[PDB]
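Drug bortezomib bound to macromolecule ATP-dependent Clp protease proteolytic subunit 2.
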Amino acid sequence: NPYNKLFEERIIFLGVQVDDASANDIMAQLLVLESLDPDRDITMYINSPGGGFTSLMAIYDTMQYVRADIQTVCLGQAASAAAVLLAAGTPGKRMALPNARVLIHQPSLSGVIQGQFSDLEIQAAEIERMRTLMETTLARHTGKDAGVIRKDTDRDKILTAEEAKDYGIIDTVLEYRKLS
Amino acid sequence: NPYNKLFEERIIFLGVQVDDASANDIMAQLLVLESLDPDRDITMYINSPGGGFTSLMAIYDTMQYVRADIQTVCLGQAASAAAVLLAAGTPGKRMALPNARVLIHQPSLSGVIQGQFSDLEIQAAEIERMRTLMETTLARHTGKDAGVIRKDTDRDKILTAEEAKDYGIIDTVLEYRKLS
Amino acid sequence: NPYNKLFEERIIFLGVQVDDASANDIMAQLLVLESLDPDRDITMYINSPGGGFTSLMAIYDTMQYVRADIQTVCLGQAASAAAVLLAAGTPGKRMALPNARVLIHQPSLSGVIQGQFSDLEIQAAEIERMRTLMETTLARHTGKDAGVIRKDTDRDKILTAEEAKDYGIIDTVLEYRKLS
Amino acid sequence: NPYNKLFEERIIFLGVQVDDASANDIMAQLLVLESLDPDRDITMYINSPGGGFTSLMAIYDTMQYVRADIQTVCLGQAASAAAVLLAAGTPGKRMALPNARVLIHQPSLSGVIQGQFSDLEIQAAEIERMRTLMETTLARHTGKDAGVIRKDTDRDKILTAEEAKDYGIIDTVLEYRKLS
Amino acid sequence: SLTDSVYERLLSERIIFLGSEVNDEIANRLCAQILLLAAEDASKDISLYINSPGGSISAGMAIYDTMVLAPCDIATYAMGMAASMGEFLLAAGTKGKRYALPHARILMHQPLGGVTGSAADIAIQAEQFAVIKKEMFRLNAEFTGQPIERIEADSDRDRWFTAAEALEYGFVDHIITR
Amino acid sequence: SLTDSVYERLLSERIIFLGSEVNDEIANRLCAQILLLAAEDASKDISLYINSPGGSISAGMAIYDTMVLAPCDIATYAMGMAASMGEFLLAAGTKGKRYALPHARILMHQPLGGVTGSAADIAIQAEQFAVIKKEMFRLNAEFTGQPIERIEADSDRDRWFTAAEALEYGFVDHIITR
Amino acid sequence: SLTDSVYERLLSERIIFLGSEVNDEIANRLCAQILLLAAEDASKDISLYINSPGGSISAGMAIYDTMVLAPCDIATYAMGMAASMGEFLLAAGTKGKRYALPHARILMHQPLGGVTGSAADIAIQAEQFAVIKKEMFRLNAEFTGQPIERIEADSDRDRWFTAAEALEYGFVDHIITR
Amino acid sequence: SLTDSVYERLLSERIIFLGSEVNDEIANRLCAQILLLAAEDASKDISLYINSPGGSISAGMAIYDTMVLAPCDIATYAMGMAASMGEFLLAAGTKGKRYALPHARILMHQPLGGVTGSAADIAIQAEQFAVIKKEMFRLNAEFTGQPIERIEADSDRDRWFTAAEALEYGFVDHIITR
Amino acid sequence: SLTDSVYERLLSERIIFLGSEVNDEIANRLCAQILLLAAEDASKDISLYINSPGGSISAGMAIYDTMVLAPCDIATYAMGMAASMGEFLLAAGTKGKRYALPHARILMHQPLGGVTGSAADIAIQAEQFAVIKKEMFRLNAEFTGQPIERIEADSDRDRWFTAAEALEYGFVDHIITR
Ligand SMILES: CC(C)C[C@H](NC(=O)[C@H](Cc1ccccc1)NC(=O)c1cnccn1)B(O)O
Ligand SMILES: CC(C)C[C@H](NC(=O)[C@H](Cc1ccccc1)NC(=O)c1cnccn1)B(O)O
Ligand SMILES: CC(C)C[C@H](NC(=O)[C@H](Cc1ccccc1)NC(=O)c1cnccn1)B(O)O
Ligand SMILES: CC(C)C[C@H](NC(=O)[C@H](Cc1ccccc1)NC(=O)c1cnccn1)B(O)O
Ligand SMILES: CC(C)C[C@H](NC(=O)[C@H](Cc1ccccc1)NC(=O)c1cnccn1)B(O)O
Ligand SMILES: CC(C)C[C@H](NC(=O)[C@H](Cc1ccccc1)NC(=O)c1cnccn1)B(O)O
Ligand SMILES: CC(C)C[C@H](NC(=O)[C@H](Cc1ccccc1)NC(=O)c1cnccn1)B(O)O
Ligand SMILES: CC(C)C[C@H](NC(=O)[C@H](Cc1ccccc1)NC(=O)c1cnccn1)B(O)O
Ligand SMILES: CC(C)C[C@H](NC(=O)[C@H](Cc1ccccc1)NC(=O)c1cnccn1)B(O)O
């Protein structure tokens, strides 16, 4: 199996929709790699359309929590939660191949959530707290101010790898190191 | 298992719909084969109806990123994303058996995406960037100009193996090497 | 497992609907058997209702491409893609048990494909190219002229094993070799 | 596993609906048992509601084709294709336990098949050829004349084990060999 | 249709019915009936019998505005069930002419609804829901004569009233008894 | 039908209703009613009560053109809900004769829709959506008297107005009060 | 039905409506209305207000033939939306009597459809689609006065026109303005 | 209903419509209209405008028999689309009185259907389909004046005709032009 | 409804239609029409045009009993399709007054149905199906004048007849020709 073979090579794949199950798989892999060697850098390849904000914050907390550094390499697309996780890597070791996508926007609810107006007010304050927490994470990880993140992630802010490096989501664009 | 047996023989199969899961499987296989031997040519057999553009760019970035050369052999049909991945192989080692298909057209959205007119404008600019990036990739890989790719992939441009070799998608048509 | 046991005995089963997944499985098995021994004849047992034309041409290209000869033995039915793949075997080694069926007709679209009249014209020219390529393959493999194949596969041309041998789809009818 | 354990004991189970997949499984098992020992009798236990006629003829051709004799023991029901396959066993070694069912009728189409009247005429001639081939198989295997099979299988002819032995579908009724 | 026939025959007698969930279609039907009855005679009472399981606020807002802006005094009749927009439109009647049948059940609760879209869209929906709830509670305080804080504390969840309980609270002014 | 009966009876009194989502069918019904009322009397006002959750722009464009091209002065009445095409057709009324009921809720937001097809088709749909949005915003600026930049900045998302807020913005000219 | 009532009342005034997707049923209804209006008076204009999202060509062909062979001069009115068969039937009106309301949106694009059956059946459908597209483009060139090559190059994909753009292209002859 | 109203008004003028798929219900409606028009006046022409995508043969057989046995001369009018049973009933009209509108599309293909049941049932259905196809082809040869072998060779698959092509083949006798 | 209108207009002329599948509802409609026509005039013929794909026997039994017991002579007309209950009710007409249109297709086959429940219930259903089949075959032998054994041997499966074949068998007595 290639996933296990790269797991022995300290490589994690954030390759599916970011839900609680994929979040727990990524957290278990990160904790295993941290218990194995807490100094060697954990490589996280990110090709994901995102998902829930709680799974996003779980993976972010586990990436910042492990003693090993997280080299997040974005491939293809890091939308919604995967772009915040891509910026959540170790500063100076955040990579993305040149044709990868970075989609940053405010968190949204998957469908309609019904209830009384007090419960709707609570859910609205909670998604506003989610938006503020995502903006604070992107401000602390990209070097920008939270207000610039707030205007930019007001709608779908879509960037390339270079555009994400100028934005601060990644710290280096990875060249093609093919020998030919 | 024949897939694992050919994986020890440095052979990868792009044989399903190009979504994020198949993209991550192909990327994991490519990274394993690169970590095993970065000089031996990775053979990628391509029989796929394509899929998303982000998974397309992920597989393209990983194919160009690995130190091993990518001999892309198209079998049957390299449609949409699989034709761009077929052209994404190493120059001089892009193959296709004579009755294979190469379908190149502009990227489309799978269904209807709703939202406000600003979000629709953002999605339209994003799919225009996808079209321009696909045209630039095909221009840099087939030797043609991006405008010729733009007129040709305006609609479904369907080519045979010989027609793809004259077009530049492949560099060689593979003869039938049967001993009889 | 009987499939793997016969795979060590150089026997491949074309026993399901001919889609891209089954096509890639058959191609992987053929390439493994070619890499194992390129002189020993690959036996392909064919009991299939067919499927897509692109998977048909993929399996045909891989059967003609491998260095090993392809003894195609039709069991029960070889409709559509199967019958062309049955004729695609090595000349002189194409077999079918006496009560097998061979259904040859022009390729059809599975359902309705919508779009603008230019896209419909392109799809019509493509399915006409599919019909012409199937007729050319059957003419080069059965010894007949492409026009006779065109009139015969205009509708569902259904033949027995003897009728397929007189037609040229197979080169020998296999007798029942039971000892009693 | 009991199926594999009886497969080492030369026992095959025709226990599901006779479609192309079950047909190919039965053919693979028969070919493995023939390659193992072509003299030892292959026992085929038949408890099946039948299915397609092409899979029926595939299993019949493979049973007559293998060098080993086929002792078909009907349990519960040998209905439709399963009955013709029960009569398709080696003469003198066709068995059925006393409370088994044998349902013989003309082959039918599973649902409605649409198309032009020429295609419907072709499908009607094909199902008439199927009816004639089933009647010829039952006449050559049960000792009766094809016309008697034609009147009997005009509708659902349902027989017990004794009634199938007098009819000729089986050559022996198997007694209960319990020691008590 | 027999139901439409008896409805038009009671409309000729200035008796309208809020007999279903208050959606925009039934609301426009009721406002059209109110406008027709006001164009026929602007001095005779319009009897609105309400048997409704609730519905839309906008619809209820339209019915309420048509009730107040019609020169006729809208006599509302709580008939069996007045839940949500039913009780809001029942208490919206003319003071001294709001009635409850002696076994009607009146359900006053906070407006309900749904949030969707991006975070800014859900925040905008939050401002709109807060304004809607404040307007509905101020209007219910205007109708029942109760303080707005008691209205909001009682309609925080489902708050049930009988005929006498709604007469004591202020949704209706009399209990019809024979 | 009772609803169709009271609708035709108020159509005889030159009172039409935009009481559902503005699709092409309801739009053609409203334009037919407007053309009939203009053929009957071209000097009397046509009262259009709008309780609509929005709908199609084309439908709204058809209703708007029929409103302005009919010699009668179309008096619009915001009744409960005027969202999107409802507020666009409410503000489309004659100046000085656009009214809002005192508790109607008016929702102005950028036009919405979907993109489909190939990249060139979605680009063409992008040009068309940009032209549609610019035309709708210029028309709303013509109606409300506000600058087009304020219209676009406010209708970037869901923008809510009460009766007094819409009177201050310019969708309506008076607030009907008794 | 109120909608059918106002439709028949405007049919008595020789005003017909293409207010939905042009399928065979609505097409036969429109052709029956045209034949009735031609049997009543063959010298008075038939006003066809078109608010249609497109539909069937055979249906559009039937409506077009009924429009031409009708002794009456069919004055078409682009009302809000004229897409595909809507614009084809709008431009099919009498020259000098084709009008567009000042905010109607007109969508001209190559005919669409589907291919099914065997390869010979799909080839036959290809010949038929080519003949259909050539006939529609030649007819649009006859209507608008444009060359057929410009028609085919513009209607290769979705081609959008406003009122003034369609007046410049040739679908309509005047823009109704007050 | 407006559509039924204009249909009955044109039935009073002896103009019937085959405007949908020819199923047994629409067929019995058309035969009832033909029998009524023959009972009213047996010397005046019955105009049958056909815009049909095909349908059942039995239904087409019923309509055809009602057309012939009707004392009146059934003038058929190919209006837009005459496919399968539409073209069969169009060519079934009286000789010299079968017309095609100048842009109608006429499809003549072999009858289609379905087989089911046991092998004897499908064989019986095969005899019945062969007899049906031979009868339909002999009747089309009677109508168009073409040989039956040319009819069967042309209607083996979908065979398309314009107005002039159907006039040359023999489905219609004149092309209505103004 | 236009179809119901022409059906009632032909009912006034004593022409009824069996134009759908013979279920219990259509059967009771036909028996009510027969009873009404017998109450109006018991000496004039009732013309029953049958275009039916079959249906229920009970329903066919009800229609048949209403046909025979009505003092009027029920002239049946095979119109296009007479299958199962159609043919049974077509041959059920008065002797010398059963007609077939020259291209009607008549399908006589054994009654079909379904078994369900326990073994005793299915055995009871078997006795009932045997009695039903024997009664239907004896009645068809009474109608056509053929022996019951030939009826059962022919209707063992789908048995098809043209107009002349059904005239030779005995379902009808004349072939209407002009
Ligand atoms: C934008 C970044 C911060 C993350 C985004 N997350 C959300 O919008 C997700 C939506 C989602 C998508 C897929 C599956 C499940 C849930 N939002 C939430 O999980 C969420 C949960 N509670 C309140 C508010 N939002 B992403 O999916 O756009
Ligand atoms: C044309 C080449 C570049 C790739 C094409 N990809 C797309 O059109 C895909 C959609 C697709 C198509 C088929 C199956 C699954 C998903 N494009 C996208 O994923 C996409 C995503 N966001 C914006 C615009 N397009 B292919 O699948 O037609
Ligand atoms: C006739 C021979 C050449 C092969 C036939 N293949 C096709 O008709 C297939 C369709 C099919 C049929 C069954 C199941 C899945 C897909 N042809 C195609 O895949 C195809 C694809 N694009 C255009 C036209 N045809 B077979 O399925 O009849
Ligand atoms: C009667 C004997 C010969 C075999 C019968 N099989 C058929 O009639 C089968 C149909 C079937 C029935 C059940 C489940 C799946 C498929 N015959 C066919 O496959 C078939 C295929 N093409 C034309 C006509 N028949 B058995 O299933 O009744
Ligand atoms: C007295 C009233 C406020 C109490 C309840 N009304 C509401 O809150 C209703 C419930 C409802 C009905 C139909 C569709 C959606 C929501 N709320 C609304 O109509 C509503 C919700 N959000 C924004 C604007 N209006 B009642 O319907 O239970
Ligand atoms: C008044 C305007 C500015 C605001 C809103 N407009 C829209 O969102 C409407 C919503 C809608 C309705 C039916 C079908 C599709 C979309 N947009 C359109 O009608 C529309 C969408 N795309 C292209 C052209 N028109 B309203 O109509 O909800
Ligand atoms: C004015 C014309 C050129 C533009 C558009 N034409 C078409 O796309 C329409 C769309 C449609 C509608 C109903 C059913 C099938 C297809 N094309 C046809 O009607 C059509 C398609 N194939 C064969 C014959 N006619 B419109 O009619 O949508
Ligand atoms: C008129 C003839 C020559 C051409 C076409 N005929 C048919 O395909 C029609 C299509 C259809 C309609 C309804 C139900 C079943 C089948 N065929 C029949 O009606 C039919 C089919 N099998 C036996 C008897 N009649 B047309 O009717 O579509
Ligand atoms: C009239 C006879 C001779 C032939 C056929 N009639 C029947 O057998 C039909 C079958 C049917 C029809 C409708 C609903 C359920 C069952 N008659 C019956 O209803 C029926 C079925 N089984 C027992 C008793 N009556 B016909 O409908 O094809």
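Here is the naming used below: chain letters follow the sequence lines, and residue numbers restart at 1 for every chain. Side chains included, hydrogens not; waters and symmetry mates left out as well; all remaining heavy atoms used. In each ligand, atom 1 is the first atom listed, and ligand 1 is the first ligand listed. Looks like electron microscopy, 2.6 Å, at least that's what the header says. Readers should note that the entry appears only in part, and the reported contacts come from within that part.
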So, about bortezomib - where is that in the structure, copies and all? ligands 1, 2, 3, 4, 5, 6, 7, 8 and 9
Which other chains have a heavy atom under 4.0 Å from bortezomib (ligand 3)? C
Bortezomib (ligand 3): binding-site residues, heavy-atom cut-off 4.0 Å: C:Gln17, C:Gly51, C:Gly52, C:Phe53, C:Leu56, C:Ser80, C:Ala81, C:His105, C:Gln106, C:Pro107, C:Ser108, C:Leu109, C:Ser110, C:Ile127, C:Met130, C:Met134
What atoms of bortezomib (ligand 3) come closer than 4.0 angstrom to any heavy atom of C:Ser110? 10 (C), 11 (C), 12 (C), 13 (C), 14 (C), 15 (C), 16 (C)
Geometry only, no angles: is C:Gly50 polar-contacting bortezomib (ligand 3) at N/O separations under 3.5 Å? no
Proximal atoms of bortezomib (ligand 3) relative to C:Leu109 (non-hydrogen, under 4.0 Å): 20 (C), 21 (C), 22 (N), 23 (C), 24 (C), 25 (N)
Closest UniProt active-site residue, chain C vs bortezomib (ligand 3), heavy atoms, 1 Å: C:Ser80, 1 Å
If you have a sec, work out which protein heavy atom is nearest atom 27 (O) of bortezomib (ligand 3) and how many Å separate them, to one decimal? C:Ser80 OG, 2.4 Å
For bortezomib (ligand 3), which atoms sit closer than 4.0 Å to a heavy atom of C:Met130? 20 (C), 21 (C), 22 (N), 23 (C), 24 (C), 25 (N)
For atom 14 (C) of bortezomib (ligand 3), closest protein heavy-atom neighbour: C:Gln17 NE2, 2.9 Å
Purely on distance, is any nitrogen or oxygen of C:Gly51 under 3.5 Å from one on bortezomib (ligand 3)? yes
With heavy atoms of C:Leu56 as the reference, note each atom of bortezomib (ligand 3) found under 4.0 Å away. 2 (C), 3 (C), 4 (C)
